[PDB]
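By convention here, the first residue in the shown sequence is residue 1. Below, each value reflects all heavy atoms present in this structure, side chains not excepted, and no hydrogens, waters or symmetry copies. One-based numbering, in listed order, for ligands and for the atoms of each.
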Amino acid sequence: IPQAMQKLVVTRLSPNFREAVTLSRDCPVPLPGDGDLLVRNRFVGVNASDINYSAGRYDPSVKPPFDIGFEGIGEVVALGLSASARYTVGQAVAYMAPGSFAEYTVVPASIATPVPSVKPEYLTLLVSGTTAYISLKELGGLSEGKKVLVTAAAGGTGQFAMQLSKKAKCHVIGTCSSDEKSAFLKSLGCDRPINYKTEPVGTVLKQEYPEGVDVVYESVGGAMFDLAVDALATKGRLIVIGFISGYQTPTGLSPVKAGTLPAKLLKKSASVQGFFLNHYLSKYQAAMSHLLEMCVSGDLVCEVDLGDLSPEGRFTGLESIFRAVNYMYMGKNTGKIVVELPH
Ligand SMILES: NC(=O)c1ccc[n+]([C@@H]2O[C@H](COP(=O)([O-])OP(=O)(O)OC[C@H]3O[C@@H](n4cnc5c(N)ncnc54)[C@H](OP(=O)(O)O)[C@@H]3O)[C@@H](O)[C@H]2O)c1
Ligand SMILES: C[C@@H](C(=O)O)c1cccc(Oc2ccccc2)c1
Ligand SMILES: C[C@@H](C(=O)O)c1cccc(Oc2ccccc2)c1
């Protein structure tokens with residue numbers, strides 16, 4: 001329980017993470033209320049939308065300064081009396097809540113997830129795993145022999161959309177930007193990995209899947225979204241999970257050729273369905289429970305990229321978050337990008 005700590009703070013609204021966010025060095029350690037845990041963060045998750053958050057896009061009325069980081073895993077170092085009925089000092093806990101980019105974060109006990117130990121694999125589940133699980137269960141209409149296309153398939157959430165679709169006996173196609181990532185996809189049971197830098201995705205889908213794909217787990221936006229719509233089967237479902245190709249722009253939007261979208265959907269009786277995890281929190285506990293079971297049992301690969309093969313090596317310390325965000329946006333990661341705060 002130190003007097004002071006470091007944390008990241010959004011000091012200016014911008015999708016340029018380095019220009020928006022400051023490493024603040026002499027911050028008091030916040031104290032937990034009656035219903036709160038104080039978590040010493042050991043690993044924190046880097047998420048594409050960290051730059052949407054720094055840009056102010058979740059609530060454009062809220063001015064800087066504000067905390068940042070959506071998820072953490074670590075040890076309970078202090079807690080309020082009511083919280084102590086369910087949690088104990090020293091316990092491993094994980095959470096999805098704002099302000100994880102800090103050495104210590106106050107988290108309401110009611111939203112914390114107990115975990116068996118502090119491993120970065122368990123953090124991969126909190127946002128990336130639950131997003132894939134809930135969207136596909138609630139909106140995917142998966143069943144044996146459906147064809148599922150997953151974009152950013154070798155990324156944090158993509159790896160789960162791939163594996164969970166396979167567990168539903170689907171035939172799965174996955175896009176990624178390298179042969180190393182394609183090999184990773186194959187190792188997860190991907191039926192058709194596509195390196196979109198060396199193989200034209202539109203041609204692959206037209207030639208190999210002429211009747212189309214039944215479900216798209218679409219994270220990329222832009223030209224990839226356009227191709228995905230064209231590739232939809234009759235009654236197919238494209239799920240808008242995100243559009244990372246656009247987040248760095250002033251609006252966060254990626255250009256699409258969507259003027260003909262209503263016509264295309266009518267012609268195919270097909271759909272475009274958005275998904276925002278925070279609209280489905282009633283499903284979160286059950287998703288996390290099943291994901292954790294599969295993770296511990298070794299029935300789910302939870303790939304972690306701690307940056308050990310990045311230019312400057314392992315993502316250690318809050319200062320490495322800047323590098324880690326850049327790494328994501330250079331498309332370099334395989335699995336979930338995680339930063340370690342060692343102690
Ligand atoms: N709807 C929700 O509630 C929700 C929740 C969590 C995440 N998401 C979304 O899921 C997506 C993935 O997020 P993540 O945090 O798991 O990241 P991630 O997939 O681990 O990393 C992003 C990957 O996207 C590709 N990429 C990066 N920059 C790109 C660009 N400029 N243009 C095109 N492709 C680019 C790269 O893979 P390739 O090798 O394939 O290029 C990169 O590895 C994002 O759209 C995010 O907003 C949505
Ligand atoms: C119980 C069964 C089932 O509900 O089909 C199952 C087994 C293994 C992983 C699952 O997780 C998911 C979750 C979403 C989509 C596909 C599979 C779901
Ligand atoms: C009970 C659990 C724990 O203490 O975290 C455990 C015990 C032994 C080996 C494990 O191996 C792993 C490690 C990472 C993810 C899944 C399984 C995980």
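The PDB lists the drug found at ligand 3 under the name fenoprofen. The chain in largest contact with fenoprofen (ligand 3) bears the name, in the PDB entry, of zinc-binding alcohol dehydrogenase domain-containing protein 2. The residues lying within 4.0 Å of fenoprofen (ligand 3), counted on heavy atoms, are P116, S117, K119, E121, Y122, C295, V296. The entry attributes the origin of chain A to Homo sapiens. In terms of polar-atom proximity, defined here as any N/O pair under 3.5 Å, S117 does make such a contact with fenoprofen (ligand 3). At the shortest separation from atom 14 (C) of fenoprofen (ligand 3) among protein heavy atoms lies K119 CD, 3.2 Å. Contact annotation for atom 2 (C) of fenoprofen (ligand 3): protein present (non-hydrogen atoms, distance under 4.0 Å). For atom 9 (C) of fenoprofen (ligand 3), the nearest protein heavy atom is 4.0 Å or more away.
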Under 3.5 Å, N/O to N/O: give me all the pairs between fenoprofen (ligand 3) and the protein, one per line with atom names and distance.
from                  : atom 1 : to   : atom 2 : distance (Å)
fenoprofen (ligand 3) : 5 (O)  : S117 : OG     : 2.6
fenoprofen (ligand 3) : 5 (O)  : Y122 : OH     : 2.6

